Colleague: 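I'd like to talk through a structure of dibekacin bound to Bifunctional AAC/APH.
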Amino acid sequence: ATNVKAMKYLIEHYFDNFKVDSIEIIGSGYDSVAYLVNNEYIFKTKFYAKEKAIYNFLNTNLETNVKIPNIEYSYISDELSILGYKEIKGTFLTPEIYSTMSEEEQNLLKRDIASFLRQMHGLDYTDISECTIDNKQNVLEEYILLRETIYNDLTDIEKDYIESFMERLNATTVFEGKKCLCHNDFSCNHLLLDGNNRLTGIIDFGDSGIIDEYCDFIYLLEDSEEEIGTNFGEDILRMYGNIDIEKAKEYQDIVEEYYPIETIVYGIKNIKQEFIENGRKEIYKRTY
Ligand SMILES: Nc1nc2c(ncn2[C@@H]2O[C@H](COP(=O)(O)OP(=O)(O)NP(=O)(O)O)[C@@H](O)[C@H]2O)c(=O)[nH]1
Ligand SMILES: NC[C@@H]1CC[C@@H](N)[C@@H](O[C@H]2[C@H](O)[C@@H](O[C@H]3O[C@H](CO)[C@@H](O)[C@H](N)[C@H]3O)[C@H](N)C[C@@H]2N)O1
Ligand SMILES: [Cl-]
Ligand SMILES: [Mg+2]
Ligand SMILES: [Mg+2]
């Protein structure tokens, strides 16, 4: 409990009347830690301005019964960011849980998801218009960073994987469609169910932005151990409606192809050799 103690100190220091009676680590990424405090509050911390701006925009503008974080505590500085909000109660959706649900239960969950996405994507985003993300341009810039750093030391197999991806990226039309506000990390580990297996809450709008509409289906369409599966995403797309399903799948496939490169780039930017090695190894796994 050393981490817990430092974070208890920081919370009490920056939020003057707040008393920490209990505190435990509830999740962690590679450069963030999330804490459950007093069995009631979530504090996300990092060594978060946009994320806060997004919860504020959404809590003003969304009409939905699905719960999202409502920021009550914030401290934001160059060196440290903390966001605190009341824990949304529920069970996180998993493949295992989904497989035990009746067909009707599954259908209601899919409809709840489609409905939420439709409402969010339909919001007039003028008041959040600073939060724009261009994925194609971001990729080009990450490629330039590769070229400026480690590209010349990569193997021919690694180089070909990258150049083949850039060729595909250049030819695709999937970045030319509707833009809207997306969650942009819409995976089942961010989806909470209530006791009837109905969608009750959504978390982690940390990557959210004005971006391609296709983006919020990337994980719903993913075939992996962590996600439900492609059929889940297809059905949600049909319920959501007025969207080109083949292009949504093309978008997901291109993003999936990019993953190893994204991993390499993260390692370069954050000076973490482990990630550079992991992404390069994953290129070999995918090639063979
Ligand atoms: N049940 C519950 N758990 C929460 C809540 N908020 C966060 N969590 C838990 O804490 C984990 C981390 O929260 P999350 O917003 O995803 O943060 P992160 O993804 O680790 N950090 P970042 O989004 O900055 O990279 C979640 O996966 C979940 O376990 C909440 O409202 N309810
Ligand atoms: N762990 C192995 C899986 C296999 C499939 C691959 N597509 C990826 O899939 C996960 C994907 O990475 C997850 O997003 C993480 O990563 C993103 C960037 O990479 C971050 O911006 C994001 N905020 C972070 O939480 C997603 N939430 C759930 C997906 N199952 O890894
Ligand atoms: Cl390496
Ligand atoms: Mg998360
Ligand atoms: Mg996140």
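Residues displayed in chain A correspond, in order, to the PDB entry positions 183-229, 237-477. Values reported hereafter were calculated over all heavy atoms of this structure, with side chains retained and with hydrogens, waters and symmetry mates removed. Remember, it's 1-based here, ligands and their atoms both numbered in the order they're listed.
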Colleague: Every copy considered, what are the ligand or chain positions of dibekacin?
Modeller: ligand 2
Colleague: In terms of residue, atom name and distance, what is the protein heavy atom nearest to atom 4 (C) of dibekacin?
Modeller: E411 OE2, 4.1 Å
Colleague: Can you sort out which atoms of dibekacin are near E415, meaning under 4.0 Å from one of its heavy atoms?
Modeller: 1 (N), 2 (C), 3 (C), 10 (C), 28 (C), 29 (C), 30 (N)
Colleague: Heavy-atom contacts with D396 under 4.0 Å: which atoms of dibekacin show up? List them by number with element.
Modeller: 20 (C), 21 (O), 22 (C), 23 (N)
Colleague: Nearest to atom 19 (O) of dibekacin, what protein heavy atom do you find, and at what distance?
Modeller: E451 OE1, 3.1 Å
Colleague: Quick one: which UniProt active-site residue in chain A is closest to dibekacin, and how far is it by heavy atoms, to 1 Å?
Modeller: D374, 3 Å
Colleague: Of all the non-hydrogen atoms in the protein, which one sits nearest to atom 14 (O) of dibekacin, and at what distance?
Modeller: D374 OD1, 3.5 Å
Colleague: Which of the numbered atoms in dibekacin are below 4.0 angstrom from a heavy atom of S376?
Modeller: 26 (C), 27 (N), 28 (C)
Colleague: Taking N or O atoms only and a 3.5 Å limit, does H379 qualify as a polar contact for dibekacin?
Modeller: no
Colleague: Looking at the neighbours of dibekacin, which other ligands or ions sit under 4.0 Å away?
Modeller: ligand 5 (magnesium ion)
Colleague: Provide, to 0.1 Å, the distance between atom 16 (O) of dibekacin and the closest protein heavy atom, together with that atom's residue and name.
Modeller: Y408 OH, 4.7 Å
Colleague: Among all protein non-hydrogen atoms, which one is nearest to atom 12 (O) of dibekacin, and what is the separation to 0.1 Å?
Modeller: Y448 CE1, 4.1 Å
Colleague: Which other-chain residues have at least one non-hydrogen atom less than 4.0 Å from dibekacin?
Modeller: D374, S376, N378, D396, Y408, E411, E415, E416, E445, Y448, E451
